[PDB]
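Have a look at the structure below before the remarks.
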Amino acid sequence: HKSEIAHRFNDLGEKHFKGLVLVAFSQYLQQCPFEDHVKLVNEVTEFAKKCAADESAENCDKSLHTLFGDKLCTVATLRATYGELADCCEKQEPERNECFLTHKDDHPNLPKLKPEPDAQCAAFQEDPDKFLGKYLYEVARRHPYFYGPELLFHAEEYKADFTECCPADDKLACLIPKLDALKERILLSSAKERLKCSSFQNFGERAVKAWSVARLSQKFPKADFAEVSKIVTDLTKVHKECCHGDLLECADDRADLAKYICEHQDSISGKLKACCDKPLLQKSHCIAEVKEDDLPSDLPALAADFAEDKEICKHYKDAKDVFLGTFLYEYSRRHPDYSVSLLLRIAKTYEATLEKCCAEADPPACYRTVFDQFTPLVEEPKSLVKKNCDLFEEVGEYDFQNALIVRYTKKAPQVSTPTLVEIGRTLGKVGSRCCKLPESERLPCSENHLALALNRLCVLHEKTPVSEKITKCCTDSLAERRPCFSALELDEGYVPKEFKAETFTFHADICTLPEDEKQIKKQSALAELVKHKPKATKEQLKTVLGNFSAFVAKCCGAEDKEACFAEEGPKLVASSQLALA
Ligand SMILES: C[C@@H]1C[C@H]2[C@@H]3CCC4=CC(=O)C=C[C@]4(C)[C@@]3(F)[C@@H](O)C[C@]2(C)[C@@]1(O)C(=O)CO
Ligand SMILES: CCCCCCCCCCCCCC(=O)O
């Protein structure tokens, strides 16, 4: 109470306290060296130990924001590396942290970590605390809004992988599959949390509560409304704190919520038992990623209370938010086969009916057939997910990505090529993950992951706005975000980008790139072909990229690579224009 840092240190323990502060500094200061950050963590850990022993000691009565924010401004390489970030230090709290958070880089362009099993299993023994410590540093700086306590968990997933594989003869065959899967889990985790932080920023905590009521109601249909409301309230406060960089307060409140859920597990979900017999980080993660519980047999029809009841306006008038919260809980728990956006869309439609009906002469007659408005809202995304999986299953991942790059480049040609390539590549991998699932699990998978990919586009677009359409879709409404983007079409009055030959000129440098980086260069060229020829068919673009593809493979196989590229390049560049007419 007297000393907050004393409280956090005592509650969290040294390793996790240090760990979260290393992650904290790594997110705020993303280009600072590892060894520099290690000292800053030690200097804070040092001071926290003094306060826990004697809370009356100087500076111990200050808030963690102040104490952390003060330590950030004493960084010697602050003005040199980060520039404008040093201007924030002149401002006072709470405006100083708000200033720091804006200067977090969502796209830091950092070296793509190669999994080198010979180098790392050896480095795991050379300096182990440096190893697991550096892993936290590297993930944190590439993902400045990554869920702090969730990153500590991934570091222990990292630890366990090396201790299991390094002993074995073939270190590569064991480690690579395990590490490859972890990179996929980290990108998804980063994406999930960024949408929580984005929702706070753009739509406030009411939007974050609504989303969570829907998701946890699906996860815990056995749980009553007062439990879901309690868990949502506590969990919203947790994500608010983490998203504002208060990782220590975030981590402590998260541990309290883990304890609560597990002390009341029988009346929340039968699927939590395994989770609650685990250490804090394993327990917390297991709760967050818990599979949905079996549906209760004893639930009545919704219409009885939400269409038929004659005192619905009375319920609505006195307690607007609570009664809508009640509707979302009841609709969500029955429909785990629905996306969270679809549930929030339905709930927004219900509110809209009551605002208009309780004003009219005969309200009961008005909101009698409110459930008829939902059937078309359900069918639209069902139709979209079918067409995309039908396309994916036919043409496979790479060609599905290319089809989506063309789709989104036409929707927004003003958006930077790297941004368009990223969402096309992301949404293609969603095809791989989601389409191989049963129909009931497929819609939520696709549309939930789509929301994460659209948020990424909105985050990158917010930093550097180019389109008013994209701004409107990104800022209007979170529930209506997917519909808004789905509706986007090629601007009739779009001025084609003028032809630059250098943009479509390849060299021998491409041959030495890893396959992923090789595809990005070709997929970057595809986006540019669309920007130059926006009225070209997807089938014309598929063919021209196939020629570029064949041209690269040929010259990268040639005895004289640079000689091949010099001769063949301009010929293909010239014919490609005529082909896209
Ligand atoms: C869970 C409840 C119910 C929520 C509402 C459910 C219906 C709805 C759907 C939307 O697409 C946008 C806003 C609303 C209309 C809503 F999401 C927000 O207003 C926030 C809300 C009241 C809530 O989140 C609270 O804040 C409760 O106090
Ligand atoms: C509106 C987005 C719907 C689908 C998102 C599913 C993936 C999980 C991300 C969690 C982010 C929650 C968003 C929020 O805080 O409102």
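Numbers in chain A track the PDB entry; the residues on display, in order, are 3-583. All ligand and atom numbering here is 1-based and tracks the order in the structure. Technique stated in the header: X-ray crystallography, 2.4 Å.
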What would the PDB call the drug seen at ligand 1?
-> dexamethasone
Quick check: main partner chain of dexamethasone by heavy-atom contacts, named as in the PDB entry?
-> Albumin
Which residues from the surrounding chains have any heavy atom less than 4.0 Å away from dexamethasone?
-> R208, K211, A212, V215, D323, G327, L346, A349, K350, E353, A481
What atoms in dexamethasone come closer than 4.0 Å to a heavy atom of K211?
-> 24 (O)
Residue and atom name of the nearest protein heavy atom (relative to atom 7 (C) of dexamethasone), distance in Å to one decimal | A349 CB, 3.6 Å
Which residue and non-hydrogen atom of the protein lie closest to atom 1 (C) of dexamethasone, and at what distance in Å?
-> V215 CG2, 3.6 Å
Hey, is atom 5 (C) of dexamethasone touched by any protein heavy atom at less than 4.0 Å?
-> no
Can you pull out the closest protein heavy atom to atom 24 (O) of dexamethasone? Residue, atom name and distance to 0.1 Å, please.
-> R208 O, 2.8 Å
Does any N/O atom on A212 come nearer than 3.5 Å to any N/O atom on dexamethasone?
-> yes
Identify the protein heavy atom lying closest to atom 22 (C) of dexamethasone, giving its residue, its atom name and the separation to 0.1 Å.
-> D323 OD1, 3.4 Å
Heavy-atom proximity to dexamethasone under 4.0 Å: UniProt Zn(2+)-binding residues of chain A | none
Do any non-hydrogen protein atoms sit less than 4.0 Å from atom 13 (C) of dexamethasone?
-> no
Which atoms of dexamethasone sit under 4.0 Å from any heavy atom of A481?
-> 11 (O)
For dexamethasone, which UniProt domain of chain A supplies most of the contacting residues?
-> Albumin 2
What source species is given for chain A in the PDB entry?
-> Equus caballus
